[PDB]
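One structure below.
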Amino acid sequence: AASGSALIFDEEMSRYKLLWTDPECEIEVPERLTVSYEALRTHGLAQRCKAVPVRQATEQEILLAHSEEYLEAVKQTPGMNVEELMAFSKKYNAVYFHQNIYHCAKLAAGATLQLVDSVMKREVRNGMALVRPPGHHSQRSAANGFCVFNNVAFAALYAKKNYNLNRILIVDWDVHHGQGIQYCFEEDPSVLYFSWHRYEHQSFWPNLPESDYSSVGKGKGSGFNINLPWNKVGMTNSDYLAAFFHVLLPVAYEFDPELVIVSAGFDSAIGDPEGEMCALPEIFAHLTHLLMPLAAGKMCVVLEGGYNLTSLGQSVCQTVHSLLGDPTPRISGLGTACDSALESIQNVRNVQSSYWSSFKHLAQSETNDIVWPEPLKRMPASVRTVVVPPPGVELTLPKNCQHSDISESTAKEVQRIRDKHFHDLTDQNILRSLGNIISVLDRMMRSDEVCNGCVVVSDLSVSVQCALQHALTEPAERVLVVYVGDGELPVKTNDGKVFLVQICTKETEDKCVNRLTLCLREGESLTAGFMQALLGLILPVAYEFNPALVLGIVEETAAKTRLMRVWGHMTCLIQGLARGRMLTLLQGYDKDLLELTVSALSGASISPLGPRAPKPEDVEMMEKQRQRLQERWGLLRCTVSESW
Ligand SMILES: O=C(CCCCCCC(=O)Nc1ccccc1)NO
Ligand SMILES: [K+]
Ligand SMILES: [K+]
Ligand code: NA
Ligand SMILES: [Zn+2]
């Protein structure tokens, strides 16, 4: 199984620049590459990636996406003087040429192909190519928007041809629309293109009607092009995450790509003079993290734009941190997307409802100078995951996992807690597990040596009570509890410090807004239903709640239901919260569930779900939960609110 993250970079790509006055092009500078690599070096991140050399894309590889006429014309630019390069540049929109840009364009494209090969050959899990010139605007026969050749279109075409892939996801989170990519794949159902972009009702460059939400693809490709236009500037973390939870992720997990390619322009970040958005560099840690469970982790991140040298370096670092598996930063202050964003989101969801299961209930009425704080450090835990199996059970752990050793003080605390709240308890196995829970929690909370943990337990109520209560003291300001099982737990949600997600079998009305109860009907559609709940309900609320610790709980009766085909996906996605600090209590020994839990907790790749559609009874149940909760938890909203 693949390990490591590739970093593809070469300083030759900084050796072309603009040679005449052009206020429109002067932002695209060599230093974008320099500053990004050096930020990766400053933070120790480049040193932890597998350096993979660049190469030239061959003529045959260029012709996968471009015409002979356009290649032949670009092939002449190395012989041109400055006057001739100016004349040639003026034939295109917002692009400049330089004696060395053809060379660099072949390197940017070859670097991307190097990244695809490394990932697809399983030499690395994932990676990032830091390239110039960018590519997502270039077209079959035109340079455009600082782009000469379409680096990301190459990668998907090349991955199709040489690895016989049937499903490729391209995510373009650059602030501009990648119209070159859209045109390349508009008729192709094998490539799903998603782009958000500043649009402002078509007044923002490149000013194209087909960058609107109504362009869904053409022909056999209808439904595999998704445009989310931003019609105001100032979009925040909340807007970007609303886009992911309510548009991109439901479609991406249903598509089930075999490879993910990211057109990663960071001009969508705060401070950028082109984007004028307000999302913090830390959001890219989460945009990367939320997509990493797809395609068994096979993700190729390719640099596009980004022009504020400061937010550029920080956003590159946040992305590579997540590719390397470092713990995600906590995102505070999340809430409803703004009204303009909710309008764009509801519009794209409505036009896409003809094509995607997650949105299908919408189709009929029966169914429905700028400055910001420096990012904190993101250091991997010495031991990522600690595991406490039943006594005697030895298991093969991934290289970054360990078994627990109850201390003397810990043992005194269990006696104290025993001598207050469970006085008639002497079952020295339970008392061992309570020492295990406290020992694990103290390593998670106090030390940065250990990130998360999993403890197998016998008695739920005493273990849950001591886990939760021990977390609340020694401050964990807020605790998210995720319980798979029936019955009521010793968990009080009447103070705002605990949010409880319960996935159960009995349909029970819940009364207050700090509890989300999901009764999913039994059957084969249960896997699709849980995934829809996870992306569209659980993750929006959890992200807004912003817990300091996550407590997972699985009762023994549920440990062999179809609902635990998704346990790995939830465990990976839920580590976007609380900087990955999650304690899981498994009731009873299940060898596989404990293996899967530890695997996901440790950051391993997880198997795809493959293939369908969920029961309409479940969709109605979930939308009733959204109605009940979205006034309190605005990140749940995916429509504009009713004005009174
Ligand atoms: O980042 C990019 C390319 C940016 C496209 C060029 C912007 C168009 C423009 O008109 N820019 C401008 C002109 C004058 C003054 C300031 C900006 N794609 O992802
Ligand atoms: K974009
Ligand atoms: K397509
Ligand atoms: Na021009
Ligand atoms: Zn851009």
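Nothing fancy with the numbering, it's 1 onward along the sequence. Excluded from the calculations below are hydrogen atoms, water molecules and symmetry mates; all remaining heavy atoms, backbone and side chain alike, are included. When a ligand or atom number is given, it counts from 1 through the structure's own listing order.
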Legend entry - Match ligand 1 to one of LdT, amprolium, vorinostat, lacosamide: vorinostat
Legend entry - Main binding partner of vorinostat (ligand 1) (name per the PDB entry): Polyamine deacetylase HDAC10
Legend entry - Contacts by heavy atom under 4.0 Å between vorinostat (ligand 1) and UniProt Zn(2+)-binding residues of chain A: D174, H176, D267
Inset, instruction - Select one of side chain, backbone, both or neither to describe which atoms of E28 lie under 4.0 Å from any atom of vorinostat (ligand 1), heavy atoms only. - result: neither
Inset, instruction - Work out whether the distance between some heavy atom of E304 and some atom of vorinostat (ligand 1) is less than 4.0 Å. - result: no
Legend entry - vorinostat (ligand 1) versus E24: contacting region, heavy-atom distance under 4.0 Å: both
Inset, instruction - With heavy atoms under 4.0 Å as the rule, classify the contact between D267 and vorinostat (ligand 1) as side chain, backbone, both or neither. - result: side chain
Legend entry - Ligand and ion contacts of vorinostat (ligand 1) below 4.0 Å: ligand 5 (zinc ion)
Legend entry - Origin organism of chain A per PDB: Danio rerio
Inset, instruction - Write down the UniProt active-site residue of chain A closest to vorinostat (ligand 1) and its shortest heavy-atom distance, rounded to 1 Å. - result: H137, 3 Å
Inset, instruction - Could you list the atoms of vorinostat (ligand 1) found under 4.0 angstrom from a heavy atom of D174? - result: 18 (N), 19 (O)
Inset, instruction - Under 4.0 Å from a heavy atom of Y307: give me the atoms of vorinostat (ligand 1) that qualify, with their elements. - result: 1 (O), 2 (C), 3 (C)
Inset, instruction - Determine from the entry whether a covalent bond links vorinostat (ligand 1) to a chain, and give the residue and atom if so. - result: none
Inset, instruction - Report, in ascending order of atom number, the atoms of vorinostat (ligand 1) lying under 4.0 Å from any heavy atom of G145. - result: 3 (C)
Legend entry - Heavy-atom contacts of vorinostat (ligand 1) within 4.0 Å: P23, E24, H136, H137, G145, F146, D174, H176, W205, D267, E274, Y307
